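Below is one structure, written out as structure tokens; the observations come after it.
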Amino acid sequence: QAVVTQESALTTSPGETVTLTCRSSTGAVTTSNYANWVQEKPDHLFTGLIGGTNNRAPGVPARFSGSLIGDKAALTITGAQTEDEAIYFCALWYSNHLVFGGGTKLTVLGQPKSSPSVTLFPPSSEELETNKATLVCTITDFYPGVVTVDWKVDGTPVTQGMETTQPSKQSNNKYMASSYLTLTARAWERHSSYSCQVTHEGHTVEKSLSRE
Amino acid sequence: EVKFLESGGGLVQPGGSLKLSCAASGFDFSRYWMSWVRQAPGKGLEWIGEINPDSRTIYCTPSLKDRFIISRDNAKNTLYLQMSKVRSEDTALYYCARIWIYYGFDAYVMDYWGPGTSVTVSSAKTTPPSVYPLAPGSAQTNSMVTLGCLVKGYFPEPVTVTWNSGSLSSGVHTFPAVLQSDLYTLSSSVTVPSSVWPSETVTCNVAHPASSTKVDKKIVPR
Ligand SMILES: CN1CC[C@]23c4c5ccc(O)c4O[C@H]2[C@@H](O)C=C[C@H]3[C@H]1C5
């Protein structure tokens, strides 16, 4: 039941050096895991960059390199370019099957940091008449394109019935996302205070409302 | 130019079957290992398997050999994936990828990838969306106000959302769909001057081509 672990997200600036890592649940990564690195760019464009731990794929820019570092496989970008903003997947071989890590979103700062605009909407009266309630939290104009969203109802974090889209590009090249809280109408009626909390670059933006 | 094109995806019922094809151009396909990888919505890559040039060796993820058969036809320069007994968790984009083996025959990279073909497994019937207004709660003032449109529970994708029949376009944001209770939901928002709403009417228009429907929802204060 081998599991491959990567940083969820890293940020660097153009010209800097950044290293991404890749860990195995079986122990140290070795050359016998033949670590691969695959880059995902927008519109689901995948490209192999590194194979067999430290071989660049033919035609790949020299700023990409691979190595083992301690327990882990590593991808280093030495002199990052804005075009290197992308999701990077590592993949490790375990004798007879290949396992991908969860991917690292790499931001290479290509515009200023921008905090999210957050809007929280209550259920509509028309929806409530169907005995259902959906709260909607919209999140726009943020960069880097990484957020965490949490919901609270009368001080209770919601662990069932919340759903958040993965960030997607706006026409102005910032990012947007939406989050949903699904309740029954009776639940809506039985609670008072509702909050959507958006954390971006270590700061939380909170919007809340009170029913009725 | 090394180039791939996948086909054979689409909507299939649970327990149904389909065969995906990956056509390879620009290289001698009969000399390369070929692999299948997929990506469920919002998620990362999952390997499916790979097959060597003469098909004497196939490696596969153990959980999927029950459903999936990898094969190839070197005369057609094509890689195949037969999918049977399909399940909701098979909803994903499916990619083929070439295996490049380096000098020394002891290192590889998955160098070139196809653009992917989409498979959706669902028993949902065609379902038009329930469209609801998103208006601020009953109310402190700023110079702009953000309004919205909840497009709840439709099938299949897509819907098209406009504001005031296309006349409001700047600062409209229509968000990706989520899947809940086997139906799709998305939202759209628009920002207008506080002096404009609710004095002037703001309406979202939602069309669902598969239902041949198009509905309007005026955004009214709470
Ligand atoms: C993921 N997959 C790629 C192709 C293949 C392979 C690997 C490593 C080094 C190789 O040289 C190599 O070639 C084949 C096969 O011989 C053995 C394992 C498979 C595996 C890993």
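The chains referred to below are lettered A, B, ... by the order of the sequence lines, with proteins before strands, and numbering in each begins at 1. Method of determination (from the header): X-ray crystallography, 1.8 Å. Atoms within each ligand, like the ligands themselves, are counted from 1 in listed order.
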*Tell me which of indirubin, tetracaine, equilin, morphine sits at ligand 1.*
morphine
*By the naming in the PDB entry, what macromolecule does morphine (ligand 1) touch most in this deposit?*
HY4-1F9 Fab Heavy Chain
*Other-chain heavy-atom contacts under 4.0 Å with morphine (ligand 1)*: A, B
_Structural part of B:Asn52 in contact with morphine (ligand 1), heavy atom criterion under 4.0 angstrom_ = neither
*Quick one: nearest non-hydrogen protein atom to atom 7 (C) of morphine (ligand 1), plus distance?*
B:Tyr108 CD2, 3.6 Å
*Where is the nearest protein heavy atom to atom 13 (O) of morphine (ligand 1): which residue, which atom, and how far?*
B:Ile101 CD1, 3.6 Å
_Please report whether morphine (ligand 1) has a polar contact with B:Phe105, defined as an N or O pair separated by less than 3.5 Å (distance criterion only)._
yes
*asked:* Counting only heavy atoms closer than 4.0 Å, does morphine (ligand 1) sit against the backbone of B:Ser35, its side chain, both, or neither?
replied: neither
*Looking at atom 10 (C) of morphine (ligand 1), what's its closest protein heavy atom, distance included?*
B:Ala107 N, 4.1 Å
*Which residue supplies the protein heavy atom nearest to atom 17 (C) of morphine (ligand 1), what is that atom called, and how far is it?*
B:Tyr59 CE1, 4.3 Å
*What molecule name does the PDB attach to chain A?*
HY4-1F9 Fab Light Chain
*Looking only at distances, please establish whether an N/O atom of morphine (ligand 1) is found under 3.5 Å from an N/O atom of A:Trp93.*
no
*To which protein heavy atom is atom 4 (C) of morphine (ligand 1) closest, and what is the distance rounded to 0.1 Å?*
B:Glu50 OE2, 3.6 Å
_Top protein contact for atom 15 (C) of morphine (ligand 1), by heavy-atom distance_ = B:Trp33 CZ2, 3.5 Å
